[PDB]
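Bound complex of Thymidylate synthase and raltitrexed.
Reminder, nothing fancy here: chain letters follow the sequence lines and each chain counts from 1. Whatever order the structure lists ligands and atoms in, that order sets their numbers, starting from 1. Just so it is clear, the values below take in all heavy atoms, side chains as well, and ignore hydrogens, waters and symmetry mates.
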Protein chains: 2
Amino acid sequence: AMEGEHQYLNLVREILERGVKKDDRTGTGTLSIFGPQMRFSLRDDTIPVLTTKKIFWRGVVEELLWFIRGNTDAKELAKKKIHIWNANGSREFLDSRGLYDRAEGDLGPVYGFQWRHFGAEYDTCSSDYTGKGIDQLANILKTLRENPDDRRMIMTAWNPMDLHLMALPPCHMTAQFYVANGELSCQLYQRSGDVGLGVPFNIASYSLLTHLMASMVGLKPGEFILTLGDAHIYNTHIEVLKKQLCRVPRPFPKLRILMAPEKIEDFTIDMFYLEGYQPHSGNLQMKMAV
Amino acid sequence: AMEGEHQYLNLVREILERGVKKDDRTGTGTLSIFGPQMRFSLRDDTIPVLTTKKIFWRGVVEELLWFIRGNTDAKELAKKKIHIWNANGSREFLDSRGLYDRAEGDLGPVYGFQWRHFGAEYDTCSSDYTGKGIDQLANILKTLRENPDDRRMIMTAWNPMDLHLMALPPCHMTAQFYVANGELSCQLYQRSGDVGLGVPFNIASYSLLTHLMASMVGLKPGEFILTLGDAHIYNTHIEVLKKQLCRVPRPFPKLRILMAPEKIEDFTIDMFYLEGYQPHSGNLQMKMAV
Ligand SMILES: Cc1nc(=O)c2cc(CN(C)c3ccc(C(=O)N[C@@H](CCC(=O)O)C(=O)O)s3)ccc2[nH]1
Ligand SMILES: Cc1nc(=O)c2cc(CN(C)c3ccc(C(=O)N[C@@H](CCC(=O)O)C(=O)O)s3)ccc2[nH]1
Ligand SMILES: *c1cc(=O)[nH]c(=O)n1[C@H]1C[C@H](O)[C@@H](COP(=O)(O)O)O1
Ligand SMILES: *c1cc(=O)[nH]c(=O)n1[C@H]1C[C@H](O)[C@@H](COP(=O)(O)O)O1
């Protein structure tokens, strides 16, 4: 009752029991702890997609491919009926950030823009950024092939100069990669984690990324480590999360990668699938705080 | 046998027992694990300066104040008989990084330069950077006073655009601050930790920083959390660390702050002292791998 999905359930219990009350930015209110870490094995093809609640896997995949492409237009996700970024791209939300000149859906130089184009000057979400900025992700993949013992395989979205241009500052903010005994591991530093809503999705996302990167460079996936800053439960999620805690985890699913492309941004959903995913049938709704 | 200094001693043991053989940049060789976390209480004025090995406290203090001032000239530490940065500022080391125009001792836009002037253009270590770049540390102090529940109190030295100008990329790279029940906590993400040499010094440094910041903003110190990426023991340190593991820890010392100045960069060593530090007397030499 300590490994795998129990890492997440034990974190929920810890926050409910010893989390402190916080009047947060959204006005919803939270219970919070600082600095918890969870670790998930990616061996034997395992990927930690929660079974005690059905995770929006199609959204995980498409958001991740959108990040990997460096894209920042929420409308591209919305065309696929993935609406997870629409609220932070709305006219109202953008105006509240002082971003009056931004088109609706244009989140600014967020997440994957920093991963692929760190330091590039942002124009709009539809601009061509090919060859602009520092491609941290491509550089990591090269280092993994050529010098896997390197201790500097860092991918960050925390760019102080660009925060004011982003709809929200990055939650999952800096990742490091590591190789030992033919296995690729990833540690994510996440400054802020909505434990009921974003965190399960973010775990699935970076675990997927680690599997995809490993297949590009001839390694096997090792471990995904999530280290949180402010790990919080929104007051509106407490009752539903108590319900989730009564559920017994089932074995995690496996990822089957059918092929790997030449460049990571060419991965498409047809190149891999989730095998053996058996989430509990009762859907749990966690209203997004805004 | 788990709290306080045992956090560090148990990490040493863990690396010795299950660390994997990993070659490294210096050619010395290491045993390595990825992702370990250590937590230290700063309550009751405690500061986690190791007692199983004498730590160079005066060096910790002067290095930190140098960082806080945004300074980057190793020659200024050497004038104070603190030589810890001399090797990475040498002509030979700078030339090996391609930094041919850099004067000896000028480490570039490292650590505190990023903390106080993120994004500013670097000239030399003697240039005046007042008002240039983003003062992340000052911003954090303001936020702690005005909106302590904020989830963005981040101070980073990881600037992809400036890495090539640095004598070494930052080891201790990104810190986050947090407030609960009138206590200030700090979590440091450290991508690379030399467990025998740098890590004890880095623990003392960021714990001191947390004490000093709390005194600037009317809070009490809470916890210091160190989260490592590549946590490693150099092969040359194994025997001395095994000797250290035989020493019984004594209670950690206490930090006594005598006054707080108006701005954090005005702190001097006369404004605080270490009470009751009783380290084991037999000096343990961990040669720096270069
Ligand atoms: C307050 C806040 N918390 C979040 O976790 C968050 C997440 C995103 C983006 N993101 C990473 C996600 C948003 C929504 C997700 C999701 O998994 N939604 C599911 C379940 C929704 C529900 O249970 O009510 C879905 O739409 O199926 S995942 C944007 C702003 C945020 N804001
Ligand atoms: C390989 C490497 N490991 C490090 O830990 C490291 C640290 C620094 C800067 N730094 C943070 C420090 C360097 C030396 C320290 C120190 O505590 N020295 C003590 C003990 C020396 C010894 O026992 O051999 C001293 O000089 O008194 S603390 C620079 C390059 C590095 N390079
Ligand atoms: C942000 C986006 C993501 O992918 N994951 C997340 O959990 N979140 C959450 C954290 C927090 O609840 C909120 C961001 O608000 P803030 O910037 O921390 O105030 O979204
Ligand atoms: C860097 C400086 C510091 O304050 N603390 C550290 O522990 N180190 C160590 C980590 C590593 O052994 C070496 C830096 O080498 P690399 O850039 O990780 O290859 O110094």
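- Within this structure, raltitrexed can be identified as ligands 1 and 2.
- Lab note: other chains with heavy atoms under 4.0 Å from raltitrexed (ligand 1) -> A.
- Every atom of raltitrexed (ligand 1) with a heavy atom of A/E63 under 4.0 Å away is listed here by number and element: 11 (C).
- In this structure, atom 14 (C) of raltitrexed (ligand 1) lies nearest to the protein heavy atom A/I84 CG2, 3.6 Å.
- Residue contact check for raltitrexed (ligand 1): A/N283 places no non-hydrogen atom closer than 4.0 Å to it.
- Nearest protein heavy-atom neighbour of atom 5 (O) of raltitrexed (ligand 1): A/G198 N, 2.9 Å.
- Near A/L284, the atoms of raltitrexed (ligand 1) lying under 4.0 angstrom from a non-hydrogen atom of the residue are 23 (O).
- When the heavy atoms of A/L77, A/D194, A/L168, A/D24 are ranked by distance to atom 4 (C) of raltitrexed (ligand 1), first place goes to A/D194.
- Proximity of A/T26 to raltitrexed (ligand 1) is not established, as no heavy-atom distance is less than 4.0 Å.
- Residue contacts with raltitrexed (ligand 1) include A/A289, since one of its heavy atoms falls under 4.0 Å from the ligand.
- The closest approach between A/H83 and raltitrexed (ligand 1) stays at or above 4.0 Å for every heavy atom of the residue.
- Comparing A/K287, A/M288, A/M286 by heavy-atom distance to atom 22 (C) of raltitrexed (ligand 1), the nearest is A/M286.
- Among the atoms of A/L197, none of the N or O lies under 3.5 angstrom from an N or O of raltitrexed (ligand 1).
- For atom 9 (C) of raltitrexed (ligand 1), the candidate residues are A/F56, A/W57, A/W85; the nearest heavy-atom contact is made by A/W85.
- The A/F201 neighbourhood of raltitrexed (ligand 1) comprises atoms 11 (C), 17 (O), 28 (S), with distances under 4.0 Å to a heavy atom of that residue.
- Relative to atom 30 (C) of raltitrexed (ligand 1), the option among A/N88, A/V195, A/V199 with the closest non-hydrogen atom is A/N88.
- Using a 4.0 Å heavy-atom cut-off, the binding site of raltitrexed (ligand 1) is formed by A/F56, A/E63, A/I84, A/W85, A/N88, A/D194, A/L197, A/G198, A/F201, A/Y234, A/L284, A/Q285, A/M286, A/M288, A/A289.
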